**Q** 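Quick one: the structure is below, and I'll ask about it shortly.
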2 protein chains.
Amino acid sequence: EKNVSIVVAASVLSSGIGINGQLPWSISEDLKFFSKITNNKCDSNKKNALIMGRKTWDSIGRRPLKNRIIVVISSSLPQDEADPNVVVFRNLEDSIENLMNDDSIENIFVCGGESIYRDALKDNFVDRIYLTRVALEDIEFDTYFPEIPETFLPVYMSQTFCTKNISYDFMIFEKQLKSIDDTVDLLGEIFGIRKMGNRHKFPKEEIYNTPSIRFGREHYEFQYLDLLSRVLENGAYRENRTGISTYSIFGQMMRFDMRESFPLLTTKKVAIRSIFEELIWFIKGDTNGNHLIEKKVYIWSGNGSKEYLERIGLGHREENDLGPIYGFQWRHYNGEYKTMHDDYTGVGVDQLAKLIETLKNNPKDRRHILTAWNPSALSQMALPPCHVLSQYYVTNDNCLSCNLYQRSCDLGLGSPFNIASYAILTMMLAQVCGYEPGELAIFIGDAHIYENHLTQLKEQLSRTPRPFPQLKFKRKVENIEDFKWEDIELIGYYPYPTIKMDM
Amino acid sequence: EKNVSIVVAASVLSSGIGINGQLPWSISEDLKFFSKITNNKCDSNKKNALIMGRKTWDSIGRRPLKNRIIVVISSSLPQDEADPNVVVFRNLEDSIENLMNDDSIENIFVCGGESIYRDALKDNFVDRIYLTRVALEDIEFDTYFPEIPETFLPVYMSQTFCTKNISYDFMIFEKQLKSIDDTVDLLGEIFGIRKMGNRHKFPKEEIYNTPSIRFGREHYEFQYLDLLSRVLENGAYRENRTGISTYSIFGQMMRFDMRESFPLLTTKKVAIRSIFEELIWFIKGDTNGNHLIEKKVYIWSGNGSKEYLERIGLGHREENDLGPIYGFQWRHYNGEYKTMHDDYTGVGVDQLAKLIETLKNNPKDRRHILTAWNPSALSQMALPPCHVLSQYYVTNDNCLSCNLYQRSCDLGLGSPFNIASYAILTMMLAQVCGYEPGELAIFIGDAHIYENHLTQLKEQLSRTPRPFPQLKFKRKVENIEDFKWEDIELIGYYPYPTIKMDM
Ligand SMILES: NC(=O)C1=CN([C@@H]2O[C@H](COP(=O)(O)OP(=O)(O)OC[C@H]3O[C@@H](n4cnc5c(N)ncnc54)[C@H](OP(=O)(O)O)[C@@H]3O)[C@@H](O)[C@H]2O)C=CC1
Ligand SMILES: NC(=O)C1=CN([C@@H]2O[C@H](COP(=O)(O)OP(=O)(O)OC[C@H]3O[C@@H](n4cnc5c(N)ncnc54)[C@H](OP(=O)(O)O)[C@@H]3O)[C@@H](O)[C@H]2O)C=CC1
Ligand SMILES: CN(Cc1cnc2nc(N)nc(N)c2n1)c1ccc(C(=O)N[C@@H](CCC(=O)O)C(=O)O)cc1
Ligand SMILES: CN(Cc1cnc2nc(N)nc(N)c2n1)c1ccc(C(=O)N[C@@H](CCC(=O)O)C(=O)O)cc1
């Protein structure tokens, strides 16, 4: 009665594992993971057993594996005891005698084609599934991994890794002291809102994304999803200026890795071109909303109309003429603003150019700060800034990281755009300065959820996330302004369908 | 063979429990905790047993406790079966027959003076200790709680609570799946710094404050101590202009509760008077450093001397004319700086006054922002600001919370001072606006530790923290400027000795 585990690497959507008798990919770290998971034992005198079909045995070239016993399931292969590293059995069920008969085996692993994966899943002897989710779907497969029965539950999901611009995860599925929790609950009954834990309750299982993953929430998309759950659990109802009521919690944080993946949310399809188009719009220092609507982008349409520019206190602006906004505060901080149809080249202080200069000539500094919150020009701008501050950091191994502070953040539509926007911005700065992308950390003040997004956000929490895509540039640019959408390649992006959330 | 637990409330330093046959205090919530921990059972048909000495039985007035059996250990009291709620035994050892003989009892509790605590701890009958750490030492005791043997280890430490300006904690002591951790460790060997977990390793047991508390790190001083441990674990070495090297990690967070305590560090004595004098100096909008040196405050003495005013470029200033720093950016943001002793009344925008006006007349707003990072006046300052941003938030129950972003923060001497400085500031803003203090959250960019503080900071990490003190105001002020040191009352502050960390 030992431990039997399935080890497989399959595509994220199609769940394919092979093509023409070979692997569909060449991921060096995946094979390393295979060797480390199949050699992991406790007793030095026992060995681990690896079960595979004949075609899989032919697939790996009929060459043994060090420190492991290979069990091949075939009806034609000859059985000879001259090689103890390879053993041949006639069926999978009778090959599971390693627990009953052989006491020189600690753990068994099933890893051999769909013929064996199918039978092993139906026979109720497998206790665990080690799954590597490869983000490859362009090519075709002839052997697939069977669907995981409902009896297994995900317990671990690693961060996204990269190998030759290919993204992949690592997942575990499992077939499925205390006086502290009872003392904390009793303390929470005595003190009401006086105990801070009651103000920061853990979200209930009905609003927790993939609740069976209780300890292996390594995948950094959970940083956003779990923040979404915390607002749904203990968010306070707040009426506002109009009728769009929110639920707010104050002081939150989420961080993302940019060294091996691009944090583009996979639990819903995120329009990345419009995110990129608004970022270069910021970088170029532009304030004209018509430049955005001329590129099929309507993010700043409701905040720049004539009705919205006359009920806030203005009204003398053009049709879509936001005032000193993001970009004008990055490239021309302070400085007198006239209209949208002027050239502000050389006015104010250019924080972005000074940032690039300090990143390349003083990397170990601690003043790489880009602010967009100008209290003097708040009442002459269309909407006060939400990404009020961003600080950048050069690690010892030549990586550029980024901190972002947001006073405001709609989790429904704002956060997915801000995460990708400041990740692209950091990668763009990283290439210009000669660095590699590092980490991103988002600090949020008033994290809120609009009431008309509840049904829709509760659908996103029902989707198990997928590995992050890759974002790579084609050419190497000279200045930050020369970036265009033609230079961006989004690789391995396989999101769930869109979620129409109206603003 | 059931479960025997000690329940006691004792002083934080002296560990005294009684005086003249009564309790030294009157903490209502402590008695409520006593009732909830002693009634907590699983079977509805069983009862819990409470063991106490006769003097303790006399202490509670010889009146029974509902739904519980009281066992009195005395050598004179009579034994009569007329009352099944009170049973009298002649010795402690023979009174522990509830596990052997009586099957109508689920859990046993020891809670009766040092004579019984001493015997129960020496006889190896106690499996758990529920300790309430009361922060009272002025009065004298005649009965103490015996020292906790080394076989027990702390597993839980609640946040600090308040009752009649008296602080107290709740602690638990105990006498002393897996495939996920092995897969993460194997993944961490394949990928080096490519796995974000290896860049954010958990600190080793030798630099973790109170390592036995693995899940009950409720006390919010652990937010600082664990941040200190993370820098010691994966901080990167960084040379600078001279030879004073630091160890930095980027993007960190710690939060504190202000509804029931004041986050003044107890693992080392923090000088509170000098912190307060610089804070009101900020509020008054003053930029002249001599105002601080006239009150035995040398925070801005080394940064405003003639040696420091010739290497930044501002050599034409007076002896102590720091310039546009915290305070001038709060009260007279933008504008223009001339000298230190002239009148800037009416210049720029007053963020602090606009903040106070908006906090009471627009509490549900989301623009309660106080910034001090001005890119136009950065090169006109003695030292660029460290508390670059602070946002405030009014909860639905009329509480004022605060977020703080720090681009730089020396954990050795700066963070303990910044935590107390902005906690006092939030408490002062809360009284003026008619609110109560809420939560405090610190967001740190470059969290660093100076190399000459390593031995000293590792000493602070060996000290188990104590309940936070209380900070209360004496009078009610009219304006934020009228606060004085005479109006501040620090109650129940019992820190470990100071740690001389030289700069
Ligand atoms: N991505 C991944 O993790 C992995 C991918 N692969 C890929 O999968 C492909 C091969 O797998 P696949 O095509 O499904 O073939 P299989 O590996 O499942 O092996 C099938 C063969 O095993 C024997 N066999 C199977 N079932 C039985 C049975 N019930 N009784 C007796 N003998 C049995 C038969 O051999 P016989 O002719 O002797 O009777 C059969 O032809 C390869 O391309 C390989 O690269 C393989 C392993 C892992
Ligand atoms: N802060 C807290 O959590 C608590 C505080 N207290 C305080 O402590 C004080 C009282 O405790 P304390 O003074 O230590 O007295 P105890 O509560 O320990 O009770 C002592 C009495 O129990 C009997 N007794 C004790 N040991 C033995 C023994 N080995 N064999 C037989 N009988 C024994 C004796 O009664 P006899 O005379 O018959 O010999 C003795 O007088 C009070 O002020 C009370 O308020 C009490 C409980 C909890
Ligand atoms: C059966 N098979 C196909 C294959 C490929 N990748 C997988 N990946 C996973 N996660 N799971 C599988 N079952 C799996 N199977 C294999 C098995 C081992 C080797 C292999 O070369 N192993 C070397 C690994 C060499 C190295 O360290 O990279 C070893 O010594 O164990 C190749 C293909
Ligand atoms: C023995 N004793 C002294 C006393 C006081 N505080 C303590 N506090 C702690 N944490 N632990 C103790 N053992 C303890 N003991 C007691 C015990 C119960 C009551 C008491 O009044 N209990 C009521 C509580 C009433 C209420 O709910 O507030 C009950 O119904 O149990 C007073 C003193």
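Letters go in sequence order (proteins before strands), and every chain restarts at 1. Worth knowing before you read on, the calculation uses all heavy atoms, side chains too, and leaves out hydrogens, waters and symmetry mates. Each ligand, and each atom within it, is numbered from 1 in the order the structure gives. The deposited model was determined using X-ray crystallography, 2.8 Å.
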**Q** Look up in the PDB entry the name of the chain making most contacts with ligand 4.
**A**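 It is bound most extensively to Bifunctional dihydrofolate reductase-thymidylate synthase.
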**Q** What does the PDB call the drug placed at ligand 4?
**A**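 You're looking at methotrexate.
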**Q** State which other chains have a non-hydrogen atom nearer than 4.0 Å to methotrexate (ligand 4).
**A**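 The other chains with a heavy atom that near are B.
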**Q** For chain B, which organism does the PDB list?
**A**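 The entry records the organism as Cryptosporidium hominis.
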**Q** Where does the entry attach methotrexate (ligand 4) by a covalent bond, in terms of residue name, number and atom?
**A**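 Covalent partner: none.
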**Q** Which residues of other chains have a non-hydrogen atom closer than 4.0 Å to methotrexate (ligand 4)?
**A**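 At that heavy-atom cut-off, the site is B:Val7, B:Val8, B:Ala9, B:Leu23, B:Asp30, B:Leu31, B:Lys32, B:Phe34, B:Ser35, B:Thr56, B:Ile60, B:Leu65, B:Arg68, B:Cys111, B:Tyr117, B:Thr132.
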